[PDB]
Undergrad: 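A structure from the PDB, with GSK2798745 included.
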Amino acid sequence: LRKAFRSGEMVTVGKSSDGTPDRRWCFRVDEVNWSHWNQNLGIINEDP
Amino acid sequence: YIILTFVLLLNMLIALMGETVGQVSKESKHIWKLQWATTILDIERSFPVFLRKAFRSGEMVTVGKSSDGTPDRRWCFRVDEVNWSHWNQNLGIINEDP
Amino acid sequence: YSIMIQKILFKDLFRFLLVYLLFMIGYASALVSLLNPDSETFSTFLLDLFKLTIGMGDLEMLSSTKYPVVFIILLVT
Amino acid sequence: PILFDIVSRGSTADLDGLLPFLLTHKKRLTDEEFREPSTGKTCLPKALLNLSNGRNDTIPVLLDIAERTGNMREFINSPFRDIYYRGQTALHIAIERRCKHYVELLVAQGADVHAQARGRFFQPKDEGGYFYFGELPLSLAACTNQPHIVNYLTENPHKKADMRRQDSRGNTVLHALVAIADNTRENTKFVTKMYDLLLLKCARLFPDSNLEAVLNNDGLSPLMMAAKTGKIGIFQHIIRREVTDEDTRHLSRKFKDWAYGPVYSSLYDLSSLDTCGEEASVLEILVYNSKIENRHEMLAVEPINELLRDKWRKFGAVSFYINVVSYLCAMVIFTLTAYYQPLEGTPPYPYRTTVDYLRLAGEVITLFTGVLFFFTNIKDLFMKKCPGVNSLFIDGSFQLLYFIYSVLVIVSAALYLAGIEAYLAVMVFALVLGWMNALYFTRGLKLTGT
Amino acid sequence: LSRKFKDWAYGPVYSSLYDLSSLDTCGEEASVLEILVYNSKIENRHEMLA
Ligand SMILES: CC(C)(O)c1cnc(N2C[C@@]3(CCC[C@](C)(Cn4cnc5ccc(C#N)cc54)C3)OC2=O)cn1
């Protein structure tokens with residue numbers, strides 16, 4: 001039951017050393033920032 | 001029974017003492033200001049439209065010529081100040097007389 | 001301490017007295033309007049009400065004239 | 001699969017076959033075979049998202065192939081179809097990525113500079129969305145702090161996005177700029193700058209119109225919208241703004257009347273602050289519909305506190321005190337009428353003595369006051385929306401209590417009609433509640449109000 | 001070997017996402033959260049939990 005009610009997603013981060021997927025249970029938080037403009041970018045979804 | 005009732009009284013006294021008063025000393029001013037303003041506006045809305053127009057704040061000052069030279073004639077409200085730092089910086093453009 | 005006594009007597013004591021008088025006069029009218037039998041009796045019953053405020057009174061006096069329940073709630077409030 | 005990867009890595013070299021292939025097989029890049037089933041994304045948004053150091057070598061080649069194949073128009077502006085990104089155009093991506101060179105290169109060939117990005121993602125934070133920028137390319141450029149793109153979009157030989165256009169919600173560029181406005185310095189610093197820039201530009205181009213006088217679907221305006229949303233940085237800026245340039249000085253709201261030594265008398269414009277119940281004054285919206293957290297600070301701006309004080313002096317104190325006196329007299333009469341009631345007999349009593357006439361006058365005036373309290377309180381409660389927490393202490397509780405007292409008097413009338421025992425049960429409660437309610441009027445005096 | 005990634009962005013809206021491989025394990029590998037809430041140092045627990 002605890003596994004069923006597990007917080008976070010099943011997001012895949014990227015290829016591992018051998019190209020295998022990470023598939024790590026993550027937990028997203030979002031923020032609004034007006035100071036640093038287009039500094040770096042979202043590397044994963046590449047779409048909101 | 002008696003001791004615990006006294007303890008409840010003491011606890012209530014402490015809670016009113018610190019948490020309530022520290023916040024109140026600041027919040028009461030603002031809540032009263034809001035009450036005052038809303039009562040003023042209610043009193044205004046009680047009166048009829050023509051009476052409200054009669055008791056309208058501000059002047060009927062004319063600001064200047066419009067794009068076609070017509071007068072502005074905007075209901076303004078004057079406030080005045082005393083400043084000793086910036087000397088003769090800009091000047092009164094409208095009355096050109098106190 | 002003299003300053004404290006003066007300010008306590010003048011600033012907020014009269015304020016509290018005004019509010020206290022407000023509630024007292026409202027309750028006097030409400031309490032005595034219910035009674036069924038007059039200015040002299042009004043004085044006696046006001047004095048009795050003040051006695052109940054200090055902590056001594058007559059239970060039968062409150063229930064003397066009808067509607068004991070409303071009297072109990074009024075006194076509790 | 002193949003073409004999306006080719007364009008995704010910026011591989012200009014690998015598009016040799018594409019142009020012969022499209023002609024050979026009578027196919028176009030906008031045909032369904034080349035587009036995402038989920039979102040409908042065509043090659044161009046894919047290329048613009050996968051930007052390598054700000055420049056992808058395939059956008060010009062894709063556009064060249066598109067015109068050579070006959071359908072440039074259908075290609076440059078192809079919207080997304082998934083509910084989450086509906087309406088978003090390649091132009092939106094170009095402007096959002098903050099590359100002026102590609103927005104120019106994309107509008108030069110016929111990009112719709114008015115297409116609306118209205119999918120669920122592009123909605124106000126309160127309505128299930130992460131960014132609301134006004135729902136329009138020019139609003140997108142202005143709301144992400146790119147003044148150069150705004151200057152280009154408004155003025156270019158190909159096609160100009162005019163500043164007066166409204167989106168689906170009715171929000172003009174200025175409502176949109178207010179919507180993103182925040183009270184942090186980093187935000188207000190550029191929000192106010194862009195607001196003034198756009199206002200002056202619209203005034204100069206189109207002289208007759210006033211951009212700030214265009215209302216949205218809700219009937220608000222940029223200032224009136226910032227009043228009820230809790231935006232100090234732009235609200236006070238709008239109130240205090242003065243434009244020195246003679247060309248467009250008329251669109252200012254604070255003027256300098258006169259001066260003498262160190263005495264400067266200026267005068268604020270209250271064209272919208274105080275309207276006298278004709279055009280939805282800003283003051284009423286600020287005092288009723290505003291945000292409770294920041295109302296105390298909205299009410300301290302330079303020309304509002306003095307205005308309220310002046311109105312209090314002119315007609316506020318006398319009316320309030322006259323109200324207090326009338327209420328106290330009415331309750332004194334109510335108490336006297338209650339006291340003199342003969343407790344012996346079942347009503348209605350025969351009114352024959354002059355004392356009985358006095359009692360009847362008291363009885364009827366009591367009902368007149370009760371129905372008056374019902375009338376005005378119900379009008380107020382219907383006029384104003386139901387409040388919640390942090391607003392009950394202001395006024396809600398008193399209209400609640402006044403309603404309860406009026407209801408008690410009304411039921412007292414019904415009982416008094418027939419039932420001897422019943423009516424006395426709660427008519428006393430009426431007096432108790434009324435004397436409790438008399439506490440309302442302490443708000444006139446600050447010492448008693450606290 | 002990082003534990004905070006940047007999911008996506010759009011204008012001034014950055015959505016990142018933290019790795020909870022060890023914070024929340026669901027009673028399999030001695031989660032960090034249980035140790036932080038029970039066995040931690042009382043003086044500084046209030047700050048570890050923020
Ligand atoms: C004696 C007499 C006839 O003059 C009188 C006047 N007012 C009342 N109240 C007072 C009150 C209490 C709760 C807020 C209200 C509804 C706000 N509110 C709504 N309309 C307004 C008009 C003026 C004022 C003022 N000052 C306040 C007003 C007012 O509800 C009543 O019925 C009772 N008796």
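Proteins get letters first, then strands, A, B, ... in listed order; numbering begins at 1 in each. Each ligand, and each atom within it, is numbered from 1 in the order the structure gives. Looks like electron microscopy, 3.3 Å, at least that's what the header says. Readers should note that the entry appears only in part, and the reported contacts come from within that part.
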Undergrad: Specify every chain or ligand assigned to GSK2798745.
TA: ligand 1
Undergrad: I'm curious which other chains are hanging around GSK2798745 (ligand 1) with a heavy atom under 4.0 Å away - can you tell me?
TA: B, D
Undergrad: Which residues carry both labels: UniProt ATP-binding in chain D, and heavy atom within 4.0 Å of GSK2798745 (ligand 1)?
TA: none
Undergrad: What residues sit within 4.0 Å of GSK2798745 (ligand 1), counting only heavy atoms?
TA: B:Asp42, B:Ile43, B:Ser46, D:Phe320, D:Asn323, D:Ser326, D:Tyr327, D:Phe373, D:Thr376, D:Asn377, D:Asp395, D:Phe398, D:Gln399, D:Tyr402, D:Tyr440
